[PDB]
Asks: 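One structure coming up, written as structure tokens, with questions to follow.
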Amino acid sequence: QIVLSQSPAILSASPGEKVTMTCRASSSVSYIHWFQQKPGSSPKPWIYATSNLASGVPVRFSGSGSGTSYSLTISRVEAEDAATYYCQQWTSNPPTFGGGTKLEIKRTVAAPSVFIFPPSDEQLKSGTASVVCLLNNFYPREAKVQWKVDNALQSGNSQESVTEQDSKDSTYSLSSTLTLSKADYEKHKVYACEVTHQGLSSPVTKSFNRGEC
Amino acid sequence: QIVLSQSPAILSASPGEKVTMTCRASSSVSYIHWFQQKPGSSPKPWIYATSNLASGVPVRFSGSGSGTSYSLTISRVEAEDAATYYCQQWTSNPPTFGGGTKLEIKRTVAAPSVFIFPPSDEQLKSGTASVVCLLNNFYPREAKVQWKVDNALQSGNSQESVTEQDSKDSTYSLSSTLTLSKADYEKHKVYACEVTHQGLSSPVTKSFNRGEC
Amino acid sequence: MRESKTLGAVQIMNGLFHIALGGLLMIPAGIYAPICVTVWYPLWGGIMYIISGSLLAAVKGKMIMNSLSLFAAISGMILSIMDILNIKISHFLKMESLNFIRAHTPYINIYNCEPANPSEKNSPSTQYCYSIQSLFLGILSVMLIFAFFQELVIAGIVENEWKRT
Amino acid sequence: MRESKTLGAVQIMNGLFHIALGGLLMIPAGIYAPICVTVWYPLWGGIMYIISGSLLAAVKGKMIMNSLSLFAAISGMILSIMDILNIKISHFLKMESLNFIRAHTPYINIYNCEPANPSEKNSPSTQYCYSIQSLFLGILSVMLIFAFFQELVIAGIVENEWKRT
Amino acid sequence: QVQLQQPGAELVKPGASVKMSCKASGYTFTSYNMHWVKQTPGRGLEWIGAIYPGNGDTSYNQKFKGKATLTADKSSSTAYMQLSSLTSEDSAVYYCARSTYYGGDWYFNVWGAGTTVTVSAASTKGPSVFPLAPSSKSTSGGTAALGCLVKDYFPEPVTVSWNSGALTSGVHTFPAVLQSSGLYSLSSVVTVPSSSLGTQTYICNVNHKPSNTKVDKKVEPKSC
Amino acid sequence: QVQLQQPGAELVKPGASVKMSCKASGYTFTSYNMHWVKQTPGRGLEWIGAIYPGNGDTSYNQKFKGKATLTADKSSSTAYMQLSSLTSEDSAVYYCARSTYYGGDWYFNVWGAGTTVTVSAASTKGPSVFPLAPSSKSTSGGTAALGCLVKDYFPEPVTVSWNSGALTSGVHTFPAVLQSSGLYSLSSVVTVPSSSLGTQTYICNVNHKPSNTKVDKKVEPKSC
């Protein structure tokens, strides 16, 4: 039982940048191991016994540390290095992993291409209404949607979903889905999603009246 | 520092015989390992952690034991099983091996074909004399030569050398070499080697007078 | 009781043996100490039994020190009970060892000795861990019975202190 | 000295400390014991200090028991010196532990704790071995100083025994 | 060579139990400890426990010691973990991993692909595919987005393509969201030149192999 | 694949020193302990010590702690052992062996071929090949033995064949014996039908590659 604390939680690194991530153990441990995980795959072993690279790990990586303080550093991040890195310890039963550090490819800020879709008649013919707000190809990863209905602020009844980082553009895309009954959609008229992002000088919105096509 | 005692020192086993050899530790040990060595090669790993056969070890072998008492047993000895088997322990620094057990192929007793060679003139032309007694294709491994010179018993001045077990006949051959100066050989006249073996009803001898060809 | 010479000497000996068991229990043994060590009970409790050995030298100043030594015996008997339970039922008080003692044992713990790899249950490494845990359980229970010894003798004095005064 | 009450009580406490340190030093710790444990010195030496606490009850029968307790203190002080050297300079007296104690620790030794595999010098397994060795060195040296305590007090009695008689 | 094979997914009812497996290959199965590791997005990687298949010894994380039950078969060379009394909080990826001792410490040097366990009362409903019909509402900068809402299906892997695979540039398919109905929903979208919305009849293709369901929908500003 | 390569033999003067080597290949040299083991017929297998090439830590058998000195080069991936102050009692086969941890204990799972060290003042004399001329003295049961005494050579590997290799059945070549002269001697013999001693001119062929010496001798009852 030892807690492994990783910093930062997200590391954004521009291609070729030297970067370091740290693992801090609530008690001193003989060694730390590092694993790389990419979404949809199991954690690959990456560094073992503090500093030994696993088979096929690019010598671009190195690891160091002792006692309670350990780190993994990349002399230059490649685009392929984008992953979550987990430290792990064996010094106490049970063995424990860190929370991970997500490595992100840092790029030039890009404004979200905001779009909104009404609930189409096909869905109203099912008694249900879902309003989709779309933010294409924005960066950074942060953003927030706001849902407004006759200017009243919605809450709770919207689910947020995000792509992973585009492995070519390195932007993100996000969609937000307000959901309503048919009778709820058919009460109010003016539906808006409001978007705040560092790629914008201000809040922005896309909106529609219900009834107009 | 733990002494590993193996028994027997020589195990003679007929092809197909089930046999067992034991290793006894002067103190209890977590596991015993067994190695097979054939002359002129390094010790092959054979059994590890008391009972696990090494890669390619015939399931003909098995190992068992605990604490201070361990054994290796062969359900049927093959002719290829003839080797020295060493137990080994890791439970105490330094790790220690046993004395080994030589596995021998047991066969029908055979009398030694005794022969004797005078020092030839080529060697007397070098001032030196060596008398060679030869015991071809005897079994068992035990034998003793006796050297007699005008019936006087020689001692010390003879070296004994033995083949390994013939991998086809499974007999042994032995040669004994009495050595003398030219002046010592040219004093006494009657040279004999006397052979005692379980393949004989009695002592036997081969001998020569010096001067006769 | 009247036996103030005999009883005072017993207290000094209980104090010296608490100090010895304390320093012994401070021999580096890993990430976590007993509460007894972390509170320094065998040091400050130990010298308090030496001081109430003041009744070897025959004022209510002695009542103050006897009462403090009685409080020390009670708290030591509670603290050593707690550490035995802390070792054997659950590590409910995780008293981090003094870091100059951890410097020699930074990677070991005796409040758990099951290995995460089951092959190692047979291992000498595991048997060493249970040996230290058993020694600590022994030292703590030796310290408990001598802490309980003090409580008896001091109570049998403070009883006469108040019934005299 | 005249203080026969005070000194006899000190001896009983020294005896109880030896018995406690002895049973503590018999907690399973591997193939080899200290000579103190193998000779059972803390048991038979311990009760001899309890018995020479007979001078709490005020004949040359006491001279016999005092002399035996003096011999016990001397031999205990020599035996605990030997075991400290046995641990720290060379394992020159390999006193095999009683087999009912070895049953719990059949695969470990504390008279050597260097691993044969140098990668393991960093290992927790190695740190556990040195922890037990340090505890034994501590218990033996605590037992030495209380054995030396007995020798002083008994000699300061047997001196008065012969100069009285 | 050295490889651990796991069933890729398990669907199990609440309160029920599951016995997932880990087929070892390419190494002496009995000579290594086999470990099980849970992963959940809210808790990271939790070690569950291990079995040594040689004898059969197990050890467990205390926060699992009655949830999991490890087993191994020496003959098929397979480790098993049984989870009892399953709840939402047991929905996770479960990896088997083989620990070697190497470089002076233990080391998870090979991992299974992981088994995704979903603990759900729900049943294999197929997707209600609704067109996100594009408009000036979805027009900006002269591009327009258009999409399909692959709504209210159950077992998570739907697949979506556009124009039968002929459209891939500018497509995004979002991760599915589990709704309070216990049914998954997903959106897929593409951005195109807004003038193309007139002539090009963009088609989204949906497949849900668990319900064996194929759907295609026309997505254009010819409905609202 | 995994392999430890050693020089097969070393000849060294007394009091001198030798630095034998162990070239690792096919595995991560720095991730395993490398051990050295002595073998002598009178003492069996003595473990000498080990080095961990990762850092450089060593441990030694106490009965060797000033005789051996272990070293490793991370770059050539080679372990070394240096023996000082060499004596007759240092003549041995020396194996390097790599220990893994496997099945719950340490395990010498791969070994070098071994280096035979001979500590000798002597010098590379070639063999005095004397014929063991056969006679009724060497006749029994109607067979006769005949042989060659390959006497007083030094470095141990002579090779002996008969009739340039055309005779092999019934041949024995004995292990060489080290004499009090410090020179090795060896005998080789063959048993043949005694009548063949008349016509067949049996030849023993001797080679001593250390002294680059080739010898052949006629062995027949035409001298005594």
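Residue numbering restarts at 1 for every chain, and letters A, B, ... go by the order of the sequence lines. Computed from heavy atoms alone, side chains included, the values below leave out hydrogens, waters and symmetry copies. Header says: electron microscopy, 2.5 Å.
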Asks: Choosing between drozitumab, ociperlimab, dostarlimab, ixekizumab, rituximab, which one is at chains A and E?
Replies: rituximab
Asks: List the chief contact partner of rituximab (chains A and E) in this entry, with the name from UniProt.
Replies: B-lymphocyte antigen CD20
Asks: What are the letters of the other chains with a heavy atom below 4.5 Å from rituximab (chains A and E)?
Replies: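 Counting heavy atoms only, the chains are B, C, D, F.
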Asks: Side chain, backbone, both or neither: which part of E/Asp57 has an atom under 4.5 Å from a heavy atom of chain C?
Replies: both
Asks: I keep forgetting - what name does the entry give chain B?
Replies: Rituximab Fab light chain
Asks: Which chain, among those of rituximab (chains A and E), forms the most non-hydrogen atom pairs with chain C below 4.5 Å?
Replies: chain E
Asks: When heavy-atom pairs shorter than 4.5 Å are enumerated against chain C, which of E/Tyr52, E/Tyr32, E/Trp47, E/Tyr101 gives the highest number?
Replies: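 Highest number of pairs under 4.5 Å: E/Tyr52.
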Asks: At a heavy-atom distance under 4.5 Å, which candidate from E/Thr58, E/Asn55, E/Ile51 has the highest pair count against chain C?
Replies: E/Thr58
Asks: List the transmembrane segments of chain C, numbered from the N terminus as in UniProt, that have a heavy atom under 4.5 Å from rituximab (chains A and E).
Replies: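 Numbered as in UniProt, the segments with a heavy atom that near are 1.
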Asks: Taking 4.5 Å as the heavy-atom cut-off, what is the epitope of rituximab (chains A and E) on chain C?
Replies: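 On chain C, heavy atoms within 4.5 Å give C/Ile31, C/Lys94, C/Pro106, C/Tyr107, C/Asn112, C/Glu114, C/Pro115, C/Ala116, C/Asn117, C/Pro118, C/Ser119, C/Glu120, C/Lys121, C/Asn122.
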Asks: Extract the paratope of rituximab (chains A and E) for chain C at a heavy-atom threshold of 4.5 Å.
Replies: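 Using non-hydrogen atoms, I find A/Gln1, A/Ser27, A/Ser28, A/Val29, A/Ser30, A/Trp90, A/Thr91, A/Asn93, A/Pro95, E/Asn33, E/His35, E/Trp47, E/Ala50, E/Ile51, E/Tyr52, E/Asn55, E/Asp57, E/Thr58, E/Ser59, E/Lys65, E/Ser99, E/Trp106.
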Asks: What molecule name does the PDB give for chain A?
Replies: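 The entry lists it as Rituximab Fab light chain.
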Asks: Using the PDB entry, name chain E.
Replies: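 In the PDB entry, it's Rituximab Fab heavy chain.
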